*Asks:* 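So that we are looking at the same thing, I have put the structure below in structure tokens.
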Amino acid sequence: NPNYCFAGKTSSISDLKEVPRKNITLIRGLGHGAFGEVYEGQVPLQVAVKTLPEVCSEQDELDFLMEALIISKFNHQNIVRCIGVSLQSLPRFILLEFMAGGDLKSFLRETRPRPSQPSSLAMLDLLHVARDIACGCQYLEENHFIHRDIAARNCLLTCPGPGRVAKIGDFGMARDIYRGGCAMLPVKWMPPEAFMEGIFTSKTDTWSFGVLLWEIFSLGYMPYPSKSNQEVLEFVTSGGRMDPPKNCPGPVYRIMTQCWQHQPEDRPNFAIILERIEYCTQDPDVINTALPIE
Ligand SMILES: C[C@@H](Oc1cc(-c2cnn(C3CCNCC3)c2)cnc1N)c1c(Cl)ccc(F)c1Cl
């Protein structure tokens, strides 16, 4: 059985909190991802249940185990908690903190201000989401963990409404690399040295965070509109960068462009990103900027 090391500690399958299967009830499907389903469940403690298909390979089993180990070892408010696992019954379960707001990409697209919902979201709401995820990324950075796939689709919200907290929720790329296909690489979130040399550092996540920022302030658009993966690879390698999202304040766009510096040594670490986001939240001209109404 595989081991996992995070910070200054090694953990094993035996360290996962096994929840008796009898104590777990499935309530509803949540839109089941790639390999395996996700359910809202109860243990009463409300959870999201990630399932492993009973029809899977040996490597699928180990991948599922590793994902459980990875998430169970984090301790930060902006990373989704693992309640426990049910690995001794089939299908195997990982039990996560239930984030009623769903994933960030879907939330942004569904919560875009509209003539019907005129003030569904404001600039400060967006800055608070960015700050939350940046605080999660800083925790990973200071613990030497490279996420490799920072993107809106991999972030979750505790709730739809005003008190929402954003958290990093998926660690599948990090799990794969820990031990594939070109077409499955998130190239639109990757810096030049990552997709060219396969070099990953904390500054990898900085670049990806810049792309997340664009997703957030565009309110859920796909990065590099109209461009394919190869077109983006060539665009970005040649120095090309995205334009500001519609109505994006200059101070916010400036953070994106600093995250997208060609040389990793020229990009900010997450402490600096957090400082700059906090300064944007203080600037009335930023937070008084109206978001576009679809
Ligand atoms: C594995 C799965 O986990 C969760 C999904 C959800 C979720 C998905 N959809 N919804 C809807 C529930 C009804 N209201 C709208 C959101 C909630 C909540 N908490 C989770 N821990 C998940 C998904 Cl499905 C997508 C992105 C992620 F980063 C993660 Cl980590």
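What you see of chain A is 1093-1135, 1144-1279, 1286-1400, where the numbers are those given in the PDB entry. Indexing begins at 1, ligand by ligand and atom by atom, following the structure's order. When the header is checked for method, it gives X-ray crystallography, 1.7 Å. Just so you know, these numbers use all the heavy atoms, side chains as well, and skip hydrogens, waters and symmetry mates.
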*Asks:* Which drug or drug candidate is found at ligand 1?
*Replies:*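 That would be crizotinib.
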*Asks:* In this PDB structure, which macromolecule forms the chief contact with crizotinib (ligand 1), named as in UniProt?
*Replies:* ALK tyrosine kinase receptor
*Asks:* With a cut-off of 4.0 Å on heavy-atom distances, which residues and nucleotides contact crizotinib (ligand 1)?
*Replies:* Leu1122, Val1130, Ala1148, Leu1196, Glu1197, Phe1198, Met1199, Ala1200, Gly1201, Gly1202, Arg1253, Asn1254, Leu1256, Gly1269, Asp1270
*Asks:* Polar-atom distance check: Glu1197 versus crizotinib (ligand 1), any N or O pair below 3.5 Å?
*Replies:* yes
*Asks:* In the protein, what heavy atom is nearest to atom 12 (C) of crizotinib (ligand 1), and what distance, to one decimal place, separates them?
*Replies:* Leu1122 CD2, 3.8 Å
*Asks:* How far is atom 29 (C) of crizotinib (ligand 1) from its nearest protein heavy atom, and which residue and atom name does that atom have?
*Replies:*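 Protein heavy atom at minimum distance: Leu1256 CD1, 3.7 Å.
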*Asks:* So if I count the atoms of crizotinib (ligand 1) from 1 in the order they appear, which ones are less than 4.0 Å from some heavy atom of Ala1148?
*Replies:* 4 (C), 19 (N), 20 (C), 21 (N)
*Asks:* Name the UniProt domain of chain A that holds most residues in contact with crizotinib (ligand 1).
*Replies:*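 UniProt calls that domain Protein kinase.
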*Asks:* To which protein heavy atom is atom 10 (N) of crizotinib (ligand 1) closest, and what is the distance rounded to 0.1 Å?
*Replies:*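 Ranking protein heavy atoms by distance from atom 10 (N) of crizotinib (ligand 1), first comes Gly1202 CA, 3.8 Å.
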*Asks:* Under 4.0 Å from a heavy atom of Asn1254: give me the atoms of crizotinib (ligand 1) that qualify, with their elements.
*Replies:* 28 (F)
*Asks:* Quick one: nearest non-hydrogen protein atom to atom 13 (C) of crizotinib (ligand 1), plus distance?
*Replies:*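 Result: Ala1200 O, 4.3 Å.
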*Asks:* Does the N or O separation between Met1199 and crizotinib (ligand 1) drop below 3.5 Å for any pair?
*Replies:*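 Yes; the residue has a nitrogen or oxygen that sits under 3.5 Å from a nitrogen or oxygen of the ligand.
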*Asks:* Nearest to atom 26 (C) of crizotinib (ligand 1), what protein heavy atom do you find, and at what distance?
*Replies:*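 Protein heavy atom with the smallest distance to atom 26 (C) of crizotinib (ligand 1): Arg1253 O, 3.2 Å.
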*Asks:* Looking only at protein heavy atoms, identify the closest one to atom 24 (Cl) of crizotinib (ligand 1) and say how far it is in Å.
*Replies:*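 Sorting protein heavy atoms by distance from atom 24 (Cl) of crizotinib (ligand 1) puts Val1130 CG2, 4.2 Å first.
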*Asks:* Taking 4.0 angstrom as the limit and counting only heavy atoms of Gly1269, give me the atoms of crizotinib (ligand 1) inside it, by number and element.
*Replies:*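 By the 4.0 Å cutoff, the relevant atoms are 28 (F), 30 (Cl).
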*Asks:* Any idea what organism chain A is from, going by the entry?
*Replies:*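 The entry records the organism as Homo sapiens.
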